[PDB]
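Report on the structure given below.
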Amino acid sequence: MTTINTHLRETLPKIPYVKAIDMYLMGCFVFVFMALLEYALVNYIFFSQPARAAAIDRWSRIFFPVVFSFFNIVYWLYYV
Amino acid sequence: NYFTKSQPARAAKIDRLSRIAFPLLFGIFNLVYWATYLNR
Amino acid sequence: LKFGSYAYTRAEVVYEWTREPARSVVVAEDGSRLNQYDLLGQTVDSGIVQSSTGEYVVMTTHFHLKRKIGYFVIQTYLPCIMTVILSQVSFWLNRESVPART
Amino acid sequence: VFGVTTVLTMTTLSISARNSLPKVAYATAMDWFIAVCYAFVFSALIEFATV
Amino acid sequence: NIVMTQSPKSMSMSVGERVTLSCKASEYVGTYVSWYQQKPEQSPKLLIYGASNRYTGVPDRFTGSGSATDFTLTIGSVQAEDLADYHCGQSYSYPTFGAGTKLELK
Amino acid sequence: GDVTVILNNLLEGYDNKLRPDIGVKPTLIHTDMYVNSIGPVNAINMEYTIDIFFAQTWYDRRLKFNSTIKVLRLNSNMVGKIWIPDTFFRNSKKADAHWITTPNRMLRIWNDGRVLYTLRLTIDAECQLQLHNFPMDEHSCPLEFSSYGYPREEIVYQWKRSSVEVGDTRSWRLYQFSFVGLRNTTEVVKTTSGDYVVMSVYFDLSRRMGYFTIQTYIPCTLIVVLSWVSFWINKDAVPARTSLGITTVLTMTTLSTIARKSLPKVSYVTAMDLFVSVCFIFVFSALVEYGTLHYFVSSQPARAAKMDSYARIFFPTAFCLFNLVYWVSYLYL
Ligand SMILES: *[C@@H]1O[C@H](CO)[C@@H](O[C@@H]2O[C@H](CO)[C@@H](O[C@@H]3O[C@H](CO[C@H]4O[C@H](CO[C@H]5O[C@H](CO)[C@@H](O)[C@H](O)[C@@H]5O[C@H]5O[C@H](CO)[C@@H](O)[C@H](O)[C@@H]5O)[C@@H](O)[C@H](O[C@H]5O[C@H](CO)[C@@H](O)[C@H](O)[C@@H]5O)[C@@H]4O)[C@@H](O)[C@H](O[C@H]4O[C@H](CO)[C@@H](O)[C@H](O)[C@@H]4O[C@H]4O[C@H](CO)[C@@H](O)[C@H](O)[C@@H]4O[C@H]4O[C@H](CO)[C@@H](O)[C@H](O)[C@@H]4O)[C@@H]3O)[C@H](O)[C@H]2NC(C)=O)[C@H](O)[C@H]1NC(C)=O
Ligand SMILES: *[C@@H]1O[C@H](CO)[C@@H](O[C@@H]2O[C@H](CO)[C@@H](O)[C@H](O)[C@H]2NC(C)=O)[C@H](O)[C@H]1NC(C)=O
Ligand SMILES: CN1C(=O)CN=C(c2ccccc2)c2cc(Cl)ccc21
Ligand SMILES: CN1C(=O)CN=C(c2ccccc2)c2cc(Cl)ccc21
Ligand SMILES: CN1C(=O)CN=C(c2ccccc2)c2cc(Cl)ccc21
């Protein structure tokens, strides 16, 4: 995601405000970042209880694409 | 990692201490830096 | 923005502002191609330069600029903070996962 | 690490390959080749996930 | 409205001694501060036009010193003809003058 | 007025195609410079920018008038109507005068025929930089000039006693360099058209290692210490140490490549290539040492036990000794 962003930035001029494509990249980065943090949280409480860990894992497996689709529809309906 | 399997209590203590000393120190650095470079 | 006379010394050609010095250099409203800075105002002055051929009138104009931080925040200061946070998230993984934290 | 590094290499190849030609709004034949290759790499990782 | 504050409001001085007058501006006035001298029942006469430039017909004992906001007028060998009022005025904007300093002899 | 009749009487029967004393003696030209700024010294194209006020003075016995005025002070309108020497800069790649808002030239003729001609120039001069010892290097590269068509027997140049004057030296565009001084030179060079009097001004520059420091010297050393931290990691976690070493190798390569784009495509080794090369070697040696460690814990453990403890003290001392010898050897030169 960082590689993707770096390649795009060199083309555009040094403007202070946030573009729409930069907003989308920040959304995708926040999603993959929270995925890594969710793994860190599941790994922190893995030896203590496996029930809560498995519950958080199967909750992530259903609620990350739904929230991503919500963000995608809000984005493609506000910027069109 | 070097202190595990020889003194596990010390490794646990320094990982719990560095679990709270790092965000505090980074926040203090952020406050001091932005304060000294926004009021300049 | 310093301008003066070439070839005509102070005893030959002198310059002056046609209106009040605060009102002589006029910047237009829609006249700003700045992306990275912010024009705050203008400032004129008048003086004399001492050259090898005589003294010359020099009219000075200063434009005051302030750099906008909005680009450099998103370019460097927010990724640095996020990378430091990504380093600090390694402290929460278990001590039995050595390649992970490595 | 196989799957993720080949997906990274495909991403780098796609960005580094689309800068040669101008910024046309339609798909070329290199874009179709890159898209099908990216689909194959991503499909390999998804099959590993299923296995 | 650029306000010029002149100090002191009143001063006394003898003959043959150095004297220093000061003028301070609220806003920026580049080098467009002028010093006028006014004897009683007379019109003011320009002494120093601009910061540190003597007018034609002024003796070489008056000399000015300029900056962005702080301005000075110094007289050297003071004779008995410097018993007058002295005004500082800015010309960067619409002109405003100072209050004046009345030199007296004691 | 009177200046109009003087100027009209000076230009009757005047030939601007012939130098003064065309068959009598060579013309003596006194030259002055005023360096306004020395621009960026980029080493890629082996050049540097300079802005000067070039002043020439000579004697023209045809521009001699009798009047109560002593000097005619003119614009650039009359520069093309009298004889002007054909001075050109021999080591310039591109050079232009200034034309905004009116041609920045000055002509002054005196009572006895002495002409002074001044003009503002911006030169993009050429100097081959021997880029050894980079970035701890010092250069002295010139600005030369002479006449183009008139040889030594026709035009002779000569410095004054107050020839070259620099300005403030703080508003100059020297980012990576530092002005230290100058010296003038006069010589005669043989050319296919004749012998020409050439005058040179050498500017001495020294490179300040403040950008290359925080760009390469600090990060490469930090990456070396990063490779060093692998020794304190447990010898059983094999993917950890292998990944650390090879990713450290990645960082070294990327930093080396991004660091070599400052200097030109020279074929010799500099004082900057050697440093990054030795840093790469150090990272290479650390990884190959762990490789031999992992082979030797399986082959025979008596040799592989105290090898890592030896490496923990041998790698920093070797790097510190390299740094001491490198820095003294390249700061003595
Ligand atoms: C291949 O083809 C190329 C394209 O044709 C060709 O390039 C051209 O070369 C010729 C010859 O070298 C150039 O001609 C001269 O230009 C000199 C000034 O030059 C520079 O400026 C021009 C633009 O010209 C304008 O601006 C100046 C300064 O303001 C004016 O003085 C000019 O008149 C002219 O002004 C018009 O346009 C302005 C807008 O630009 C308007 O604002 C203005 O009002 C006018 O409308 C640039 O193009 C040049 O750029 C080039 O060259 C440099 C060289 O290093 C390059 O680095 C750069 O990249 C460009 O390539 C450059 O910036 C003129 O001064 C000069 O005129 C004089 O001399 C001749 C010969 O003696 C006279 O016949 C002529 O009358 C001129 O003389 C008078 O004025 C001078 C002023 O110094 C006096 O000293 C002199 O005494 C005389 O005064 C007399 O007349 C006055 C009225 O004119 C009067 O008042 C006086 O009282 C007195 O009577 C000449 O025109 C030409 O510009 C080049 N053009 C281009 C596009 O490059 C190239 O050479 C060819 N190569 C080969 C190998 O063949
Ligand atoms: C520039 O050149 C002049 C002459 O070419 C140099 O001048 C001389 O200075 C020495 C003392 O330093 C005198 O003894 C000579 O008599 C001077 N020459 C003349 C002709 O008067 C001058 O030093 C040079 N400037 C430099 C090298 O910076
Ligand atoms: C002090 N000085 C010189 O002696 C060289 N000639 C002068 C000058 C020459 C001609 C007209 C006006 C001014 C000049 C111009 C600059 Cl932009 C900076 C320093 C400087
Ligand atoms: C400005 N910004 C952030 O603050 C979040 N972290 C960064 C980052 C982190 C490391 C290197 C480069 C960039 C990032 C990545 C994307 Cl794809 C979009 C916005 C964005
Ligand atoms: C492309 N490259 C690397 O990958 C890292 N090591 C090399 C090298 C390493 C050892 C010996 C010779 C050359 C090097 C050196 C320079 Cl001065 C610039 C880029 C660069």
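A note on names: the letters A, B, ... follow the listed sequences, proteins ahead of strands, and every chain is numbered from 1. Every number for a ligand or one of its atoms is a count from 1 in the order of the listing. The displayed model is a subset of the deposited entry, and contacts were enumerated within the subset.
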- Write down the drug found at ligand 4. diazepam
- Item | Chief binding partner for diazepam (ligand 4) by contacts (from the PDB entry) | Gamma-aminobutyric acid receptor subunit beta-2
- Query: For diazepam (ligand 4), which other chains fall inside a heavy-atom cut-off of 4.0 Å?
  - Reply: A, C
- Task: Identify the binding-site residues of diazepam (ligand 4) at 4.0 Å, heavy atoms only.
- Result: A/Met1, A/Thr2, A/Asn5, A/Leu25, A/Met26, A/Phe29, C/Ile74, C/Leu78, C/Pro79, C/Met82, C/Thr83
- Entry label for chain C: Gamma-aminobutyric acid receptor subunit alpha-1
- Item | Source species of chain A (PDB) | Homo sapiens
